[PDB]
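Structure, as structure tokens:
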Amino acid sequence: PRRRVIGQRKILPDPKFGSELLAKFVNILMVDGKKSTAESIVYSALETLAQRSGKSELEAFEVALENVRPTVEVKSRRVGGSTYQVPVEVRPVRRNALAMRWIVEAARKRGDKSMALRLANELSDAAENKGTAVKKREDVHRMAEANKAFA
Amino acid sequence: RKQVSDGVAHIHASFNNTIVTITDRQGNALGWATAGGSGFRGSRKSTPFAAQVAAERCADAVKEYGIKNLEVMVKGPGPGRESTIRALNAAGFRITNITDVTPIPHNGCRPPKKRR
Amino acid sequence: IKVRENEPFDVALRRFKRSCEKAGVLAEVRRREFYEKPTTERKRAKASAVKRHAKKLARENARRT
Amino acid sequence: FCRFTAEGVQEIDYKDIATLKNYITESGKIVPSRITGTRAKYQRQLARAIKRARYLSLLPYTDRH
RNA sequence: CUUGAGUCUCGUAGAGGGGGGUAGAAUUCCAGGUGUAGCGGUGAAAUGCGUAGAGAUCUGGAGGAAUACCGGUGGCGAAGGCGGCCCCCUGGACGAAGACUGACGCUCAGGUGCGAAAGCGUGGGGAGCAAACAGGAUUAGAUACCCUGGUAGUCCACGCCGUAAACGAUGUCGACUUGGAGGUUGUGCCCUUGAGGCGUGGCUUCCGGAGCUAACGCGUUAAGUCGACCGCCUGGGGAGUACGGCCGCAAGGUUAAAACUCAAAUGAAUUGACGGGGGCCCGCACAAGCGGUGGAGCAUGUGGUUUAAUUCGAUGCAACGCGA
RNA sequence: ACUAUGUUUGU
Ligand SMILES: CN[C@@H]1[C@@H](O[C@H]2O[C@H](CO)[C@@H](N)[C@H](O)[C@H]2O)O[C@H]2C[C@@H](N)[C@@H](O[C@H]3[C@H](O)[C@@H](O)[C@H](N)C[C@@H]3N)O[C@@H]2[C@@H]1O
Ligand SMILES: CN[C@@H]1[C@@H](O[C@H]2O[C@H](CO)[C@@H](N)[C@H](O)[C@H]2O)O[C@H]2C[C@@H](N)[C@@H](O[C@H]3[C@H](O)[C@@H](O)[C@H](N)C[C@@H]3N)O[C@@H]2[C@@H]1O
Ligand SMILES: [Mg+2]
Ligand SMILES: [Mg+2]
Ligand SMILES: [Mg+2]
Ligand SMILES: [Mg+2]
Ligand SMILES: [Mg+2]
Ligand SMILES: [Mg+2]
Ligand SMILES: [Mg+2]
Ligand SMILES: [Mg+2]
Ligand SMILES: [Mg+2]
Ligand SMILES: [Mg+2]
Ligand SMILES: [Mg+2]
Ligand SMILES: [Mg+2]
Ligand SMILES: [Mg+2]
Ligand SMILES: [Mg+2]
Ligand SMILES: [Mg+2]
Ligand SMILES: [Mg+2]
Ligand SMILES: [Mg+2]
Ligand SMILES: [Mg+2]
């Protein structure tokens, strides 16, 4: 905000794998405070990702995040009456936040039988760079490439 | 496609667009590129980045002449009067001298009226 | 303005960008982009002289710094 | 300070190109008296001599002839 | 008679004026070379220009206009105004020392002259800019602002006009009345030791004392203290208009009312408020997010419509699951 | 970039 600078809220890591990063992803996927329901969804989806990929849950998850993490984003800024989109380098913490949010929204959209199946499917397609979340990160990189004339 | 080893880089920088022209040291143009020609229509045409892209697009398509040393004659105001030179040096050219050739009258013709 | 460059290109670009700045070519161009009525030219010169009349002895104050 | 009043030159000669050069910039522009320290009387004589020398092509009007 | 006024001797600074000549930069155009798909323009565009070769770049040429830097609350001129350089003709100002004339002065109604820009007439010229005009935009409209062009005009000679916020909104002349900091231009003396110190003039800028002023502010360059003469004002509109006269080719200028109507119209300053003024700082104000409403059905409250009554009240935020 | 307007009259 204007003056008060925030100290980050601390997140307790996930039980099954003890990952700070994964616990955040459960939070991104949590709906209506049902963290138990969200925890099962990503725990189920992660283990089918493990079986259908070959690596561990964390390694498979990391691969999908890497293909979805953005590097540069646009922000509508102003000088006079300009309103250009300005490309800015994403800070590392926001890169993971954007990747997790993009994966979750893509997983919700791609209609399957279960959310864990939806999440597992989108997570796999992200690993091979075919997912809608990968599509959105391509659009962001494309959109920030067009407006690279501003800095 | 005769070989030229010594070229002149004319940067016509203006508030709306940047024109880069590589000539030999007798004035004959060998190749050219403009910010508005390299994409960058509208507001993106008048940015230093677009001028830098024009310098690259001009360094290439004149590479066939095999120029290695460039005089630089930058003319006019505009965002693309230093980005073009930096891009020219980044393109593998040895800049020999940089000259500002902006036409300055000595109280000659009357300029247009101020915009309101 | 006619800057022949020494070994480093970047220091030459600074030398050129400085040589132009002292020549005031950009200020020359921005002023000649449009016609200024002699009323405006005299009014601008007089206003500049008034502000150029900045008394440097006005720093005689405590201010509790 | 003013060199011309220091030596009591009393007429600035347009034919003295050597001393005329240290009153014009690299582009050939006449340097203001507020930079060279010349007095107003000699600055007017200096400008006339430089313009005369420019006409006789002993000094350049600009650096881009 | 010499103090005011003027003349002579020497010198100084100056965009002072008039008439010629000339230089460089730049724009435009013409011709050509290289070269290629854009250029140009804007908030964004489009009109426009461009493969019939644009724009860019280079060479040559033509022409007009204006003189970058110097350049300066610098200078000169009565004012309007005047700045590239050179020559010719020419005005004024100032300083030093004397000599000369001996109130020859000040002001000035009428009168006369000069008098920005625009405009007008005749003849030239015409690069750039540009009223008008055209097109493209913008917009509810856009007879504008913006863009692309573009005629008169802007330039020259001669002749008109005679007006400007022609302003310092401050008539001219003279005298007197604390200071400080500069600028410009002379001049005396002294250690000139070198651009210095101490005087003395002219013209200029800022600040400020007394005094004055409604206040702002002016303040030795007065809006202070006085004297001479002139011009002008008598509430706001009507109206600097009509009519008449004079002037003008015209545009119009100048001189200049009345009826009628109002109780104000004004100046300066103060407090606030406001600004598509500035600065600084805040707020789920944006930004970053999450979840909603606006669509459905129902509940409930409002309008309205209906009714015999649909009781009354709450209506921007701050009424509408509100009094209830 | 660029919007316009705000009926009359009181304490
Ligand atoms: C040197 N005196 C100046 C005078 O000079 C004028 O008459 C002189 C006669 O020889 C000329 N040499 C000069 O060229 C000319 O300009 O002009 C007036 C103008 C007037 N509006 C006021 O402005 C002031 C404002 O009223 C005020 O508000 C502001 N703060 C400061 C201003 N000076 O005070 C000055 C000052 O009295
Ligand atoms: C000695 N310094 C200076 C002197 O210089 C010359 O003085 C001598 C001649 O006399 C020469 N021997 C010397 O070599 C030379 O340097 O010229 C005078 C000129 C005079 N109008 C006045 O102007 C000032 C006035 O005070 C005033 O007019 C304005 N406010 C500011 C001016 N500078 O004060 C200076 C000052 O006295
Ligand atoms: Mg006698
Ligand atoms: Mg009279
Ligand atoms: Mg006359
Ligand atoms: Mg005229
Ligand atoms: Mg005429
Ligand atoms: Mg126009
Ligand atoms: Mg008048
Ligand atoms: Mg005037
Ligand atoms: Mg008056
Ligand atoms: Mg004062
Ligand atoms: Mg008064
Ligand atoms: Mg009349
Ligand atoms: Mg928000
Ligand atoms: Mg609803
Ligand atoms: Mg509805
Ligand atoms: Mg009711
Ligand atoms: Mg009611
Ligand atoms: Mg209306």
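Just so it is clear: chains get the letters A, B, ... in the order the sequence lines come, proteins before strands, and each one is counted from 1. Read the numbers this way: they start at 1 and go in the same order the structure lists the ligands and their atoms. Only part shown; contacts counted inside that part.
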Largest contact partner of ligand 2 in terms of the PDB entry: 16S ribosomal RNA
Drug or drug candidate at ligand 2: apramycin
Can you tell me which other chains reach within 4.0 Å of apramycin (ligand 2)? Heavy atoms only, strictly under. E
At a 4.0 Å heavy-atom threshold, which residues contact apramycin (ligand 2)? E/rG182, E/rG183, E/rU184, E/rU185, E/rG186, E/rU187, E/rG188, E/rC189, E/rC190, E/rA195, E/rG196, E/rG197, E/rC198, E/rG199, E/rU200, E/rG201, E/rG202
